[PDB]
Amino acid sequence: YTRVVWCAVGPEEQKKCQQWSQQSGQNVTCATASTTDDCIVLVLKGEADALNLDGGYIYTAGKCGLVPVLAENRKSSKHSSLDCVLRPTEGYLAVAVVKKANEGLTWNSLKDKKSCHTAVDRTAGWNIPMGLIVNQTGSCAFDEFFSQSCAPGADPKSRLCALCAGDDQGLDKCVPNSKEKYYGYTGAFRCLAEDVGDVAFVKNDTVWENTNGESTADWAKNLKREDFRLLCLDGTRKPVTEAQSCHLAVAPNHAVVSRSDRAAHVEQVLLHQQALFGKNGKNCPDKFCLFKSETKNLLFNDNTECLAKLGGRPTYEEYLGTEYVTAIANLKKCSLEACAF
Ligand SMILES: *[C@@H]1O[C@H](CO)[C@@H](O[C@@H]2O[C@H](CO)[C@@H](O)[C@H](O)[C@H]2NC(C)=O)[C@H](O)[C@H]1NC(C)=O
Ligand SMILES: *[C@@H]1O[C@H](CO)[C@@H](O[C@@H]2O[C@H](CO)[C@@H](O)[C@H](O)[C@H]2NC(C)=O)[C@H](O)[C@H]1NC(C)=O
Ligand SMILES: Cc1c(Cl)cccc1Nc1ccccc1C(=O)O
Ligand SMILES: *[C@@H]1O[C@H](CO)[C@@H](O)[C@H](O)[C@H]1NC(C)=O
Ligand SMILES: [Fe+3]
Ligand SMILES: [Zn+2]
Ligand SMILES: [Zn+2]
């Protein structure tokens, strides 16, 4: 064993990472960067080993040679004999969510509305909806489709950032890390809940986890699922209990990536760290829970039951799936070979 150097994105992940490192007796230590892209560069340079990534960022890391190691696995819909670590992953449902009270907004009337996105380059947040929209409109001018948005990672003076709010101080508007008030699944959903945006592009789970008292957080504690609808590609609106019939795509789960040459070591260490700090882990909750952060999804989604071994030593293309990979390649033609770095 060597120590594994985790890469934390922004200061709130970094703080979580430091508690993990303390509790692991330095089996894990922490590098931190301002953006996911910057953490991927640290890993490429060998200044960090690994981080957990959305599928759109796996595409970026993968084009640069990093490889998937273990995947987030959340509670299966169906009972399984299989241990979590062995259970195959089931993707998550990317959806578009609006206020029920915003009547008559549908997928087909999104143009010139206000949008909330988890971040540029992320799956449910970006790649799926904007790939869909570019294709449906026949235009690469996706930066002109909504009147204003919060899409963290975009140009802070552009309309794609006009709705983002920055941190407590109002600084770091539109930065793609949890300091941006509207960053990520929970930030984009809060962007909708507070009626900053007309639509949020998130996943099905986000809606459930932040409504009907599932979150105690001040902005979320009062929210009721019935006040929300999903937008279906057929132009219909459904209640959020129907995401299986009204989603934009099924996404590949967030997964850990590292360099090939560190993958087996990163895997071993993680399997052991989750035995200690994961769901039901020997030292969670008394000491530290790797998969909790007060709904802030820091390092890992809060709904992760375990990190699960992958079948078939998949390359990043195999992990993401050919179709998703081709959807991303297609969209990036708007703004098929090389590492972006
Ligand atoms: C947007 O349209 C593109 C361009 O047609 C779609 O790309 C095709 O996807 C199919 C199914 O995976 C492939 O058989 C074709 O080879 C792809 N065409 C090209 C030119 O690459 C893409 O999937 C659509 N995007 C989204 C997000 O649905
Ligand atoms: C959409 O996401 C929600 C939230 O994760 C899912 O509801 C959970 O489903 C599990 C497994 O069925 C239940 O044991 C949980 O108690 C549910 N959580 C809550 C907060 O209600 C829901 O199944 C997902 N829907 C689809 C179609 O995938
Ligand atoms: C539509 C869908 C369902 Cl329903 C389930 C699962 C996936 C999809 N779609 C896609 C899957 C991968 C890549 C691109 C797409 C897309 O067409 O946006
Ligand atoms: C640190 O790692 C070594 C080697 O795997 C092991 O003996 C020890 O259990 C680990 N401790 C923690 C607290 O993760
Ligand atoms: Fe995602
Ligand atoms: Zn589907
Ligand atoms: Zn293979």
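Each residue takes its place number in the sequence, starting with 1. Atoms considered below: every heavy atom in the structure, side chains included; atoms not considered: hydrogens, waters and symmetry mates. Ligands are counted one by one from 1 in listed order, and the atoms in each one are counted from 1 as well.
The drug or drug candidate found at ligand 3 is tolfenamic acid. Most heavy-atom contacts to tolfenamic acid (ligand 3): the chain the PDB entry names Lactotransferrin.
For tolfenamic acid (ligand 3), the residues with any heavy atom closer than 4.0 Å are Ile128, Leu132, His247, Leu248, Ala249, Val250, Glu323, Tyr324, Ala327. Going by the entry, the organism behind chain A is Bos taurus. The protein reaches atom 6 (C) of tolfenamic acid (ligand 3) closely, with a heavy atom under 4.0 angstrom from it.
Tolfenamic acid (ligand 3) is contacted mostly by residues of chain A from UniProt domain Transferrin-like 2. Of all protein heavy atoms, the one closest to atom 11 (C) of tolfenamic acid (ligand 3) is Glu323 OE1, 4.1 Å.
Bonding summary for tolfenamic acid (ligand 3): no covalent bond to a chain.
At the shortest separation from atom 17 (O) of tolfenamic acid (ligand 3) among protein heavy atoms lies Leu132 CD2, 4.4 Å. Looking from atom 15 (C) of tolfenamic acid (ligand 3) to the surrounding protein, the closest heavy atom is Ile128 CD1, 4.2 Å.
Given atom 4 (Cl) of tolfenamic acid (ligand 3), the protein heavy atom at minimum distance is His247 NE2, 3.0 Å. From the protein, the heavy atom lying nearest to atom 10 (C) of tolfenamic acid (ligand 3) is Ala249 CB, 4.0 Å. In terms of protein heavy atoms, atom 1 (C) of tolfenamic acid (ligand 3) is closest to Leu248 O, 3.4 Å. Remark: minimum distance from atom 13 (C) of tolfenamic acid (ligand 3) to any protein heavy atom is reached at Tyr324 CA, 3.1 Å.
The protein atom (non-hydrogen) at minimum distance from atom 14 (C) of tolfenamic acid (ligand 3) is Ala327 CB, 3.6 Å.
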